[PDB]
Asks: 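Starting off with a structure, shown below.
Just so we're on the same page: letters track the sequence lines, and every chain starts at 1. For ligands, and for the atoms within them, numbers begin at 1 and follow the listed sequence. Note: hydrogens, waters and symmetry copies are ignored here, and every other heavy atom, side chains too, is used.
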2 protein chains.
Amino acid sequence: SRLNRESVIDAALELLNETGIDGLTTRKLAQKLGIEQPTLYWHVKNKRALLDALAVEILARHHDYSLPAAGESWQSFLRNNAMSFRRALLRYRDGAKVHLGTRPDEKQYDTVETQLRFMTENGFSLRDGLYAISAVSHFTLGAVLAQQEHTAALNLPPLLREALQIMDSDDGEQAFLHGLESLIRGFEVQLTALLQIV
Amino acid sequence: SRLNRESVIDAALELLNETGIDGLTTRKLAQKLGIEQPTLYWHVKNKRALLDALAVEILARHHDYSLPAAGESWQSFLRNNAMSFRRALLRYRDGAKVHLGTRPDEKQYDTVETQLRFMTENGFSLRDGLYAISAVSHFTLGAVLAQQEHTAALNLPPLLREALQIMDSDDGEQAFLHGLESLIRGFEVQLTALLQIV
Ligand SMILES: CN(C)[C@@H]1C(O)=C(C(N)=O)C(=O)[C@@]2(O)C(O)=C3C(=O)c4c(O)cccc4[C@@](C)(O)[C@H]3C[C@@H]12
Ligand SMILES: CN(C)[C@@H]1C(O)=C(C(N)=O)C(=O)[C@@]2(O)C(O)=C3C(=O)c4c(O)cccc4[C@@](C)(O)[C@H]3C[C@@H]12
Ligand SMILES: [Cl-]
Ligand SMILES: [Cl-]
Ligand SMILES: [Cl-]
Ligand SMILES: [Cl-]
Ligand SMILES: [Cl-]
Ligand SMILES: [Cl-]
Ligand SMILES: [Cl-]
Ligand SMILES: [Cl-]
Ligand SMILES: [Cl-]
Ligand SMILES: [Cl-]
Ligand SMILES: [Cl-]
Ligand SMILES: [Cl-]
Ligand SMILES: [Mg+2]
Ligand SMILES: [Mg+2]
């Protein structure tokens, strides 16, 4: 079938949904594409290359809140951004595993530079803004991975029994959203402290 | 060589360090143990079973701050606990990947019940205590995975160039510790608010 970049990526994401990340292979992608392996190789050199591009394309396609709205507070941007990042990661099977270990791609440079600049224009040092952004990313990544990998892997004392009912009660959104608010407020307390002991 | 549980686990962890998690296999474990595969099978049924037990044993062996000290504040316990969890996850290659998707084991029940009880004795509802504990776990998991998987996978606008120097500057401990403080303070602001609008 068609082997332009967009079509290869479409097929790969469809396969990711079928197999998950551990089970995704270039051999299986070739089969899905109706092509022989040396044909695939011309287009896609190895699994790493493919995973690198899926991480980028999952966000380009589905991570819609990458930029602050005009006038938006930094707290609100981080909140919407995290929510959007989470949704994009959850969209495909093992999506968070796909993102892990990537670094920003050149096609994301201007976006991510805008995010870092925006934090600094709101009073953060570059370093502190980066810490806040990285904490949001790590927290969101952790939460999504816990959920998705929990699913992959698939006598109690009373408080643990209950905690597990609680967790078995929703998809992880409630705990994520509550933690996110805590994270943001801690950042704010830090920012507003300046050089005061806090 | 010896195939009691402790010896199998020792050998598996040594192998994990050599191969990482994706490359860890029961065939390679058998080779390391000097035994044939059907011999290994008697002891270890599959990879999942082995990963499940490594997650438990990495914490039993190296996660030393699982319990509050007498008199310790909840904020301090979460801090020490997170630090200890991080260190244990970083101890083996792909350690955080090994933990992901596990649930508490019966051998951890009494420990984890004590943690949940401790949060409730400090004013948290079970639900809110669990959210705090899960946020710490997810944040710490995210941070460790970002680091370890970054390593596995191994023109810039100026703020991104600098951010990447910053990140290339330490192992991830500084950003983790700073984020952790933010997370804890947000939890505290929440706890102390009671029913006030905050
Ligand atoms: C916080 N939010 C989830 C950010 C985001 O929305 C992104 C986006 N493309 O819109 C990311 O790329 C974003 O999700 C993301 O992945 C980011 C990163 O990986 C990094 C890394 O690894 C190193 C330095 C800088 C960044 C970063 C500033 O680009 C990160 C921004 C992340
Ligand atoms: C926060 N800190 C890192 C905790 C910890 O120190 C643990 C330990 N064994 O000492 C965990 O098991 C701990 O790390 C950990 O893994 C915990 C969990 O996985 C869960 C899950 O998945 C579901 C319900 C309850 C828990 C939990 C209360 O046992 C978690 C406690 C985690
Ligand atoms: Cl076609
Ligand atoms: Cl073509
Ligand atoms: Cl194209
Ligand atoms: Cl492959
Ligand atoms: Cl295959
Ligand atoms: Cl990452
Ligand atoms: Cl022996
Ligand atoms: Cl034996
Ligand atoms: Cl033993
Ligand atoms: Cl295997
Ligand atoms: Cl093998
Ligand atoms: Cl997990
Ligand atoms: Mg990233
Ligand atoms: Mg766990």
Asks: Specify the drug or drug candidate at ligand 2.
Replies: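 Its PDB name is tetracycline.
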Asks: From the contacts in this model, which chain binds tetracycline (ligand 2) most extensively, according to UniProt?
Replies: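 The chief chain, as UniProt names it, is Tetracycline repressor protein class D.
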Asks: Which other chains line tetracycline (ligand 2) with heavy atoms at under 4.0 Å?
Replies: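 Chains with a heavy atom under 4.0 Å: A, B.
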Asks: Show me which atoms of tetracycline (ligand 2) lie under 4.0 Å from any heavy atom of B/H99.
Replies: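 So the answer, numbered in order with elements, is 16 (O).
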Asks: Short N/O distance, under 3.5 Å, between B/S66 and tetracycline (ligand 2)?
Replies: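 By distance alone, the answer is no.
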Asks: In the deposited model, where does any covalent bond from tetracycline (ligand 2) land (residue and atom)?
Replies: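 As deposited, no covalent bond from tetracycline (ligand 2) reaches a chain.
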Asks: Please give the species listed in the entry for chain B.
Replies: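 The deposit lists Escherichia coli.
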Asks: Taking a cutoff of less than 4.0 Å between a non-hydrogen atom of the residue and any ligand atom, is B/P104 in contact with tetracycline (ligand 2)?
Replies: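 Checking tetracycline (ligand 2) against B/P104, which is what was asked, there is a heavy-atom contact under 4.0 Å.
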Asks: Would you say atom 17 (C) of tetracycline (ligand 2) makes contact with the protein, given that contact here means a non-hydrogen protein atom less than 4.0 Å away?
Replies: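 Within 4.0 Å: no protein heavy atom nearby.
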Asks: Looking at tetracycline (ligand 2), are there other ligands or ions closer than 4.0 Å?
Replies: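 I count ligand 16 (magnesium ion).
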Asks: Show me which atoms of tetracycline (ligand 2) lie under 4.0 Å from any heavy atom of B/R103.
Replies: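 Near B/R103, the atoms of tetracycline (ligand 2) are 21 (C), 22 (O), 23 (C).
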Asks: Could you list which atoms of tetracycline (ligand 2) come closer than 4.0 Å to a heavy atom of B/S137?
Replies: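 Checking each atom against B/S137, I get 1 (C), 2 (N), 3 (C), 32 (C).
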Asks: Should B/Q115 be counted as touching tetracycline (ligand 2), given the test is an N or O pair under 3.5 Å?
Replies: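 Checking tetracycline (ligand 2) against B/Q115, an N or O pair does fall under 3.5 Å apart.
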Asks: Which UniProt tetracycline-binding residues in chain B pass a heavy-atom distance cut-off of 4.0 Å to tetracycline (ligand 2)?
Replies: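 A heavy atom under 4.0 Å occurs in these UniProt residues: B/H63, B/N81.
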Asks: Of all the atoms in tetracycline (ligand 2), which lie at a distance below 4.0 Å from a heavy atom belonging to B/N81?
Replies: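 The list of qualifying atoms is 1 (C), 2 (N), 3 (C), 4 (C), 6 (O).
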Asks: Mark up the atoms of tetracycline (ligand 2) that fall under 4.0 Å of a heavy atom belonging to A/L164, in ascending order.
Replies: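 So the atoms of tetracycline (ligand 2) that pass are 23 (C), 24 (C).
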Asks: Which atoms of tetracycline (ligand 2) are found less than 4.0 Å from any heavy atom of A/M167?
Replies: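 Result: 21 (C), 22 (O), 23 (C), 24 (C).
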Asks: Quick sanity check - which UniProt Mg(2+)-binding residues of chain B lie within 4.0 Å of tetracycline (ligand 2) on heavy atoms?
Replies: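 Going by heavy atoms, UniProt's Mg(2+) binders that qualify: B/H99.
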Asks: So which heavy atom in the protein is nearest atom 12 (O) of tetracycline (ligand 2), and how far is it from that ligand atom?
Replies: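 The protein heavy atom lying closest is B/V112 CG1, 3.5 Å.
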Asks: Please compare A/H150, B/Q108, B/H63, B/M119 and report which has the shortest non-hydrogen distance to atom 8 (C) of tetracycline (ligand 2).
Replies: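 Shortest heavy-atom distance from atom 8 (C) of tetracycline (ligand 2): B/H63.
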Asks: Which residues, given by chain and number, touch tetracycline (ligand 2) within 4.0 Å on a heavy-atom basis?
Replies: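 Counting heavy atoms, the site comprises A/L160, A/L164, A/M167, B/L59, B/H63, B/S66, B/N81, B/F85, B/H99, B/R103, B/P104, B/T111, B/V112, B/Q115, B/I133, B/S137.
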